[PDB]
**Student:** 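Got a structure for you, written out below as structure tokens; questions coming shortly.
Letters A, B, ... mirror the listed sequences (proteins, then strands); counts begin at 1. As the structure lists them, so they are numbered: ligands from 1, and atoms in each ligand from 1.
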Amino acid sequence: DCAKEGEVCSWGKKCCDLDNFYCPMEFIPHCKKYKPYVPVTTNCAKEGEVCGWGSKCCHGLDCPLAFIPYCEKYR
Amino acid sequence: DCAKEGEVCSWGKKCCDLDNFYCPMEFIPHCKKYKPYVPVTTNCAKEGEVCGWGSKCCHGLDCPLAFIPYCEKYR
Amino acid sequence: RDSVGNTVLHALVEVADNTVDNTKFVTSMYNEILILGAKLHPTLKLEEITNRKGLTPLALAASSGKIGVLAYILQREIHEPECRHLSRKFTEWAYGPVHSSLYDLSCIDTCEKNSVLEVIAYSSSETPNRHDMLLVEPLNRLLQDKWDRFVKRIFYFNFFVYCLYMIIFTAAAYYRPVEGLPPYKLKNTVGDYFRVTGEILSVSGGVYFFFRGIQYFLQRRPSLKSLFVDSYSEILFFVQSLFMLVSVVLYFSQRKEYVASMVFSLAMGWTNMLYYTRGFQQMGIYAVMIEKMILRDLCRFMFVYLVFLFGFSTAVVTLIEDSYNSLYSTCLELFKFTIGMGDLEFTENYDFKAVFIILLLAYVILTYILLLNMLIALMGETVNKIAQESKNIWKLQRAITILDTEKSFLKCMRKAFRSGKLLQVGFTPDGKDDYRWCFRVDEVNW
Amino acid sequence: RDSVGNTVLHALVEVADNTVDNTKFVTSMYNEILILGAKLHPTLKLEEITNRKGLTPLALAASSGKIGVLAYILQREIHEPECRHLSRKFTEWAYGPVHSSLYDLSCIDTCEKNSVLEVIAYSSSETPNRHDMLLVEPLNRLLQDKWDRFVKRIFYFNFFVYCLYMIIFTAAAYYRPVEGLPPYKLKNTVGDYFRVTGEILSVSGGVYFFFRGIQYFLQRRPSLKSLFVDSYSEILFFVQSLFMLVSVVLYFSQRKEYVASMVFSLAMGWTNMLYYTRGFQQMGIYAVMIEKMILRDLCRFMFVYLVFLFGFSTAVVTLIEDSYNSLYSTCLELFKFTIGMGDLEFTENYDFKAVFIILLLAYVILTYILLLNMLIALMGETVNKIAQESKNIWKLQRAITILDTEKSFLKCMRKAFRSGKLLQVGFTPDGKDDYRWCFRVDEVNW
Amino acid sequence: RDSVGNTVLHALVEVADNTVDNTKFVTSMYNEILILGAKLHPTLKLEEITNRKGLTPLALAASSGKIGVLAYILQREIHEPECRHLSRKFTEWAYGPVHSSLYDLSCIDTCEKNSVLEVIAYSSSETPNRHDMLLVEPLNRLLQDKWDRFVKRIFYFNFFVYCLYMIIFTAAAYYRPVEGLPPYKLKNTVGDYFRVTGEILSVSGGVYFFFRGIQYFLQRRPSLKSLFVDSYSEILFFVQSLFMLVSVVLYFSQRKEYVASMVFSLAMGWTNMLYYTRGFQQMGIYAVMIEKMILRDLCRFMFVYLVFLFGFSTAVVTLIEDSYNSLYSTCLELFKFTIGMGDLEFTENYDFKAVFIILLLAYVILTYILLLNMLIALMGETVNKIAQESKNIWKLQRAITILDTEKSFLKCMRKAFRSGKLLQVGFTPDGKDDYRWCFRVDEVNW
Amino acid sequence: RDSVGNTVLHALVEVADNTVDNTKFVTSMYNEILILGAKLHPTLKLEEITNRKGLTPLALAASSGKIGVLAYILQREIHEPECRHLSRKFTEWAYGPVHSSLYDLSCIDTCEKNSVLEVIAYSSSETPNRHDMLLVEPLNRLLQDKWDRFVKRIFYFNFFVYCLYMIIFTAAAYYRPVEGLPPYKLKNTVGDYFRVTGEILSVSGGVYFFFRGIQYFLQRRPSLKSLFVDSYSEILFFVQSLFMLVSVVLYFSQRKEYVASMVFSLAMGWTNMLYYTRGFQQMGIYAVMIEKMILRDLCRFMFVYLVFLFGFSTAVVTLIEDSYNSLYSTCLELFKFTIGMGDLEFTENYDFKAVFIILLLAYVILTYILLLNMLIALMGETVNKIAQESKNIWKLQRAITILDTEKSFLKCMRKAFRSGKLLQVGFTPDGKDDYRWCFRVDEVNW
Ligand SMILES: C=C(C)[C@]12C[C@@H](C)[C@@]34O[C@](Cc5ccccc5)(O[C@@H]1[C@@H]3C=C(COC(=O)Cc1ccc(O)c(OC)c1)C[C@]1(O)C(=O)C(C)=C[C@@H]41)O2
Ligand SMILES: C=C(C)[C@]12C[C@@H](C)[C@@]34O[C@](Cc5ccccc5)(O[C@@H]1[C@@H]3C=C(COC(=O)Cc1ccc(O)c(OC)c1)C[C@]1(O)C(=O)C(C)=C[C@@H]41)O2
Ligand code: NA
Ligand code: NA
Ligand code: NA
């Protein structure tokens, strides 16, 4: 049988329901339940603003790889 | 403009319709059309027979990795 | 005749070039001249001659690295009646293989102008024997005993204090609040009070290091040409202080970019802890090797590698036009190829692919196999070069560490003297007695 | 005058420092003094002086490594009447290039206190020349003949037995049952009986090694400061025994974790087989090189590397906040970067990405190119340093291996003596005869 | 007797082999012969002998590497009354350690046929002491003073001009138009005018280098056997010029393949900048090491590696039949395995998989571990071999750089002479005065 | 007295140990003994005495490595009236530095039992001076002339033929038919005729090599202990022949597995082409470094590595139970880790993961960093060990290559003799004339 939530996994036991629980890699694996993927909140940068130096861009566009990036909508 | 079938591609031109044509890596890329994925023909080995030394196994079963493999039903 | 009022002894110090027969000549001339002076005008001391730089013959011999002179002038020994008041070495007990010599130690600890230790240890890294000049018996044993007596308690204490400071800094940094727009209002929970205390201690450490660095730079006056050859450690500590101060300035400016500064300080905050490994017999070499490799090697190889990288980078970026979408990304990709971490995929849809492959293969062969292993051969040569001399280097690294601490000492006591106002020497043309802070040392030599 | 009843020969052994002129000095003094003592009081043997440690002058010479004393004191050859009862070497046949010398063998095999071999081979690894002391003709040839005669039958037999033990252990371990909650009830099938037999044999081996280690540690009494410099092999075998015993204890405690212990023992169970490669002329070097590299190198480099790892790890983990989700994972990732296996992906959605990249590039340059190849250069120097000594090193590996086996001897035999109670020497001030277990050895030297 | 009208001094230059006693022999012979010639026919100069190659004894001694003869013949110093017009060295002021000698400098800079510099620096890389022959004092001082006086302003200027040319070329290349079918019609916007200007400048540079290379090849006349051993730099610059010209030819031919040529030129356009690092005291080594490694090593290792690559490539391609679909792809895959970048996946559905694996493991062991590290050991040997001696090579790198520039000098002045038509020598059997372009040099030697 | 009918010269050859004074002693003994023998019994030749091995004193000196005896016995030069028929060296023309010496050549090419060449070049790689013994003048000049005169025309021709053979074989491999169940019925198209021709030629080559190898093994009779130390090349060629024959046997047995044999032969068919690289002054060395490194290094390191691999492999495979699904796959995975190609993924769902990680990290540290670089340092030592001896080494490669070819000669040629039954020596105790096939050699030595 497997371990339950909060119990130590990976030293002699795995945790059940991989679609529900996962065993993290921290040298003392207490397995935990997943969390929903919340959307992006406020304070994201808008198009044309410098990104990657103090803040990420909103989910509607990408931040390219360069020394001083500027975000652009994907096209 | 792109190159047509049989023309030399990748030296100054790519060929069109990547879903139909591809530019092979042979140092003189004559662009060619794809081929259908034909199924496995006869003379494939069956379960319990030695595989990988003189013949492959049929599509319905798998050949493990070992010094003297024996094929088994894929499960 | 003379140039700037130099004595004959001074000119002889200038002329001496550490040859054995020139050493004999200069030493014999010193013996005869000093005895003549003692016979003619035994009225005042003449060894402390001033100059435009204020250098005594001992001071100049120390400065220029005239080791052959220091071998003699610090160990004068003679029995000439009426002229025994210029001897430095004496004897009390004597046996077959072992002799308990008595060494004069004046003008080494408190000369008030520029001691011998203050010149050998503070040389400009051009003197060829600065690592050996401290191996003379009086200075060598003096430093050994000063180390054994009290210095260790201060050094280990300093090391412990610094380690605690860095642990506190790391703990404070790790638990920073997540919400934006500093400064943040503390709550009455205990965690906030601990975090605020940690931050305050961290800033205090930063300020302290800033002022120590400024004091050192004002006192030493580096040339700006050998600024980095010597004084590496103060430079790094000062750089840490600058980053910490920039971080706090941004923090109170209502900008969230301060973290970008802070982490850099945090990184150095650990790394330069290697400074305290100097002074250990074995584990100290791994600091000086890094210093030499990072200064006197990569500032030369940098040019060659950058030329290759930039040339091929612009070639690839202009060849393909329509991930190598920009100069920066391609520079990163070829850098990854240099150190064997990259991968050669050869995707589709690049025009001129057959030339692209040839360029990449030429680049990989030129950089990864040929150039890099050349660099490795040179670094191997450097590492083996100082496998042996490191022992003497360690001695130097010991000595300087003492001289900074002992001079400071931070307790306003005067326990640094070896022993005694010993009157058993008491030699003078007058009827009076005298002392020279003499030290009894057993030499076992047969 | 003396300190603790030491004889003049004893003090001269202390004074000697293996210099050629001092060697001649002490040699001539020993010759004259021994002759005079033999003539004055031919009543009892004086070479077996008692002491606080019960140490003879030849035992002291062996202990301190005064090879010059051993070269003579074990090689006395004289025929002068009234002092013929202290000779150690004789001759029977003689030719031009070859001489059939006759050597006394006392104080080497059965002295009952501290033989010559029992001190040279069991020295504390500070003697500068212990690798050469066994090259003297009597000891060298005695060890050679003892090896050729009977020792090999025991050594190869031991090696075979150990190999069988490890094969049985591996087989028993591989086929453990899968269902949980030990201990497990056996079935009447043959496979279960074989498995139980294998387990029983494995535990028996573990217990045996445990007790052998206990006996060795009680008899040798290591200092706890040079515990790991010498006696490495017993330490590893004992560690294996501890792991096996912990495994069986957990097994009977109704826990599944015993496998976590067992496999560790299993790993060492194979690796320690390298011990038996000592004693082969060529293949033995690959053991001593590993011992030196793993002890006297990485225990130093460990701290220097760890500073970099921990500093950059905390920097990266505190920079990114919201796969680097914890300190442990980031420590692993940077470790993977160190040895060229990792990969630099630079995925999206990290804030402060532009600083993250600079930190990682600095880390890769600092660790992968610069520091690691420095370590490699040092290890290259270490292995080249003992390419030349390999012959002499191997001799030590032979000698100790014999002394443990013949001491143990495993069969209640007494065949250690070379040959004969030969009465042909028979020298004594009395009218009686005597023997010294003399050994005829041909020396071919011209 | 003689062969081609050679003088006795000429035969002595031929016979001399730089042995010390042969040096004394030819020296004394020269002294006596010159004195006799001065006494017999003091009517005309006899040193300017013609020959089939037009070599004087000085010229031949310089050509053949007879350093022992140059050591004397360029520093004749003698007081022989009535025959004082054969001396080259004189003195005006003299002190203990320092002497202000007066050196004759004639026939070194303007001899109008073949000076000593013009054959020492233009030797065929078989002369054994060409790296030291420039250390004779008159030559050494001429080169040092000519460097310090005016040459540097031209060299640094050249370097700056080349750097500007490469920057302009890169900028012009980066912004090429994207639409097909050159040549392209310019618009009246400013960007097009700048682009056209950049292209015109780039082509002009290419043409200039082409003609300079042709002139060099016509004047030097290389053997076609040592074509690549010397004159590496001209070869590379000429190759750049060829690629640029092919690019422009294709450009006006209404073909889009010109970019494939252009980028290749662009790559070399950066890389050849390393040539200008020659002449720096420290950073010059990284050019000569690359030249030596890339010429005299890989042209040998190439065939040995290629045998393995081709053999295993054909083996794998014929084993699997029905991503290794062709010979080219498999050659690339095994090349990736050679340098540790590849990956061993072992996918399914290959027949004979069990043999495929054995072949690949044999290949990886044979190439990656064994052969490649052999190559690395040889390159390490090469790098350490010339870590030290190349200091002298740097002198050669200085000297040749001067001789090309001063020869041209591009300003139509004649200020290369050191100083003066100094008449203070004025020695001749006639009653007249004379000058030898003498220069005063202070030598400090004791 | 004597043992087996040996002459005094025989005993002197045996006793000689290449010491300078022993060389003088044996030399003078030979001079006196030869003079006495010539005077006592001028009736028959006695220097060419046979023995049980059929070895003359010249032959025995060559066999045992007594280079000092070869230095004299091959170059006897004496004017002893009535005994001038024992001289080997003479003179015709003489000048100051150059002498046109005349050397006897008998018993080197046609001795009909055992020539000097046939034992000096066929030594068992234990002779200490085999690299120098062929540098004695007569042998050296013989080999040089034989190379320059006619031998090259064969060797290069041979190389070409072999290369041609391999190309045909490769083509015959590449275009094999795809349908199963050999043998296959040919069609009347031209391609089938070409393929059949290629196959026939390939099998003929295989058979030829098989018989050549058998002939060599029967003629040479290797010891079975130094089988692989020498005769490496014949072993590899013979192995190729075996694989080809097995392939054809399977081909006619109606099995598809013949391809599995054929490709292996094909691989060696290319790889051992490096045999013909021997004999080139520069490119030859890259062959010998393989021969040592693959034999006298990895047959030792194999066991040390395998212990680690097997131990950790079984540990991991027994730890995880329920891709590491079997012992073989895990062995491959850890092998991939050894050479830096693998990846540490740490997927989910393994129980005992926390111990799995520790085991893998221990393995990576132990193998990749520590052990492998130890192997690399040892190979670096080996490579630098024979960088210097290459000049001698290649000479051996020349000599043996000649001796096999000229002895075989392949065309009924008899050009081995230099020139003439030259009667100008004609020395004999009789009144007759004689010839010794003498060789006129100019020696320039002063
Ligand atoms: C000395 C101790 C206590 C030691 C015990 C363990 C943990 C050990 O790692 C070390 C430290 C270490 C840590 C990480 C990587 C490598 C080594 O070295 C040995 C110890 C070291 C090794 C490797 O050393 C050897 O090659 C064995 C050996 C060589 C030469 C000998 O003469 C010898 O004598 C019997 C044994 C084997 C281990 O026990 C092993 O199998 C694993 C998985 C770890 C090794 O700790
Ligand atoms: C000596 C034997 C019997 C040998 C036969 C085969 C298996 C061999 O591997 C070895 C062992 C081996 C195993 C794994 C990796 C490398 C080598 O070495 C040779 C043998 C070794 C090689 C490599 O050696 C060479 O470079 C050939 C060579 C070099 C120098 C020579 O003077 C020479 O003389 C003809 C030949 C070629 C192989 O036959 C080959 O092509 C493959 C795939 C394996 C090589 O076994
Ligand atoms: Na790598
Ligand atoms: Na190296
Ligand atoms: Na990889």
**Student:** How do the PDB entries name the drug found at ligand 2?
**Tutor:** resiniferatoxin
**Student:** Find all other chains that place a heavy atom under 4.0 Å from resiniferatoxin (ligand 2).
**Tutor:** E, F
**Student:** Identify which transmembrane segments of chain F (UniProt numbering from the N terminus) have a non-hydrogen atom under 4.0 Å from resiniferatoxin (ligand 2).
**Tutor:** 3, 4, 5
